[PDB]
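Okay, so here's the structure we're looking at.
Chain A is numbered as in the PDB entry; the shown residues are, in order, 1-186. One-based numbering, in listed order, for ligands and for the atoms of each.
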Amino acid sequence: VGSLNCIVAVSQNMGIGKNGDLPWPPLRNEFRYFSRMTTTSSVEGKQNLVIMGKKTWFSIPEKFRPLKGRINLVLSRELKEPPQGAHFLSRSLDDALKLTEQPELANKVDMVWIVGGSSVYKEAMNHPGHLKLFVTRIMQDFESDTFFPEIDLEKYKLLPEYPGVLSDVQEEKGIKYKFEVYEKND
Ligand SMILES: COc1cc(Cc2cnc(N)nc2N)cc(OC)c1OC
Ligand SMILES: COc1cc(Cc2cnc(N)nc2N)cc(OC)c1OC
């Protein structure tokens, strides 16, 4: 298995969701960026794995579930099988990464992308190891009911640039946003 990563878009007041929808108007190029980063695998003959909680999975419109060209794993203790269209189910983040080491996935998975929601972000972010955060800063306040966990800048270093990540300010639908990459290793 390659690198472990979170990827998120977040408003200025830290909001990542409002009733399981985007707090902001849909940004098509911001979504393109999400699909590119998560789908692109270095290693030939492998796909990236995406890991998400159950609410995050059910927040995706049906036409976009599973995320195509990526292996989809949902986290849940209540579910007893992967939801319709998903590939894998695990009880917890720890268990999902342990699986990634079994024979049915060890040779299949390149990068792992945690795509939410806020409790799965929080445990990944607080767990020791090499982890990057791909964070889009939406530079406006948007009403939200779910939030990104605090980024501890003592541990996470913001990278001065990163291949395939535009560094300058973007704007769609009248909303300015920018891409950032953070990296810890502890
Ligand atoms: C969990 O699945 C998806 C989530 C999102 C939200 C999202 C959007 N942008 C960024 N940078 N990160 C995110 N996590 C965007 C998506 O496609 C644009 C997803 O695939 C269906
Ligand atoms: C591309 O993936 C998403 C797209 C949208 C906006 C959207 C875009 N197209 C359609 N048909 N329905 C929608 N709700 C909304 C989302 O979250 C509610 C998505 O999940 C990350």
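Taking the chain with most contacts, the partner of ligand 2 here is, per the PDB entry, Dihydrofolate reductase.
The drug or candidate drug modeled at ligand 2 is trimethoprim. Nearest protein heavy-atom contact of atom 2 (O) of trimethoprim (ligand 2) is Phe64 CD1, 3.5 Å.
For atom 7 (C) of trimethoprim (ligand 2), the nearest non-hydrogen atom of the protein is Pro61 CG, 4.1 Å. Other ligands and ions closer than 4.0 Å to trimethoprim (ligand 2), given by number and name, are ligand 1 (trimethoprim). Most residues contacting trimethoprim (ligand 2) in chain A map to the UniProt domain dhfr.
The nearest heavy-atom contact from the protein to atom 6 (C) of trimethoprim (ligand 2) is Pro26 CG, 4.4 Å. Close contacts of trimethoprim (ligand 2) with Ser59, meaning ligand atoms under 4.0 Å from a residue heavy atom, involve 17 (O), 18 (C). Under a heavy-atom cut-off of 4.0 Å from trimethoprim (ligand 2), the UniProt NADP(+)-binding residues of chain A that qualify: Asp21.
Listed by number with element, the atoms of trimethoprim (ligand 2) under 4.0 Å from a non-hydrogen atom of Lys63 are 11 (N).
Remark: atom 16 (C) of trimethoprim (ligand 2) lies closer than 4.0 Å to at least one protein heavy atom. Near trimethoprim (ligand 2), within 4.0 Å on a heavy-atom basis, the structure shows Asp21, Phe31, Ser59, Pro61, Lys63, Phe64.
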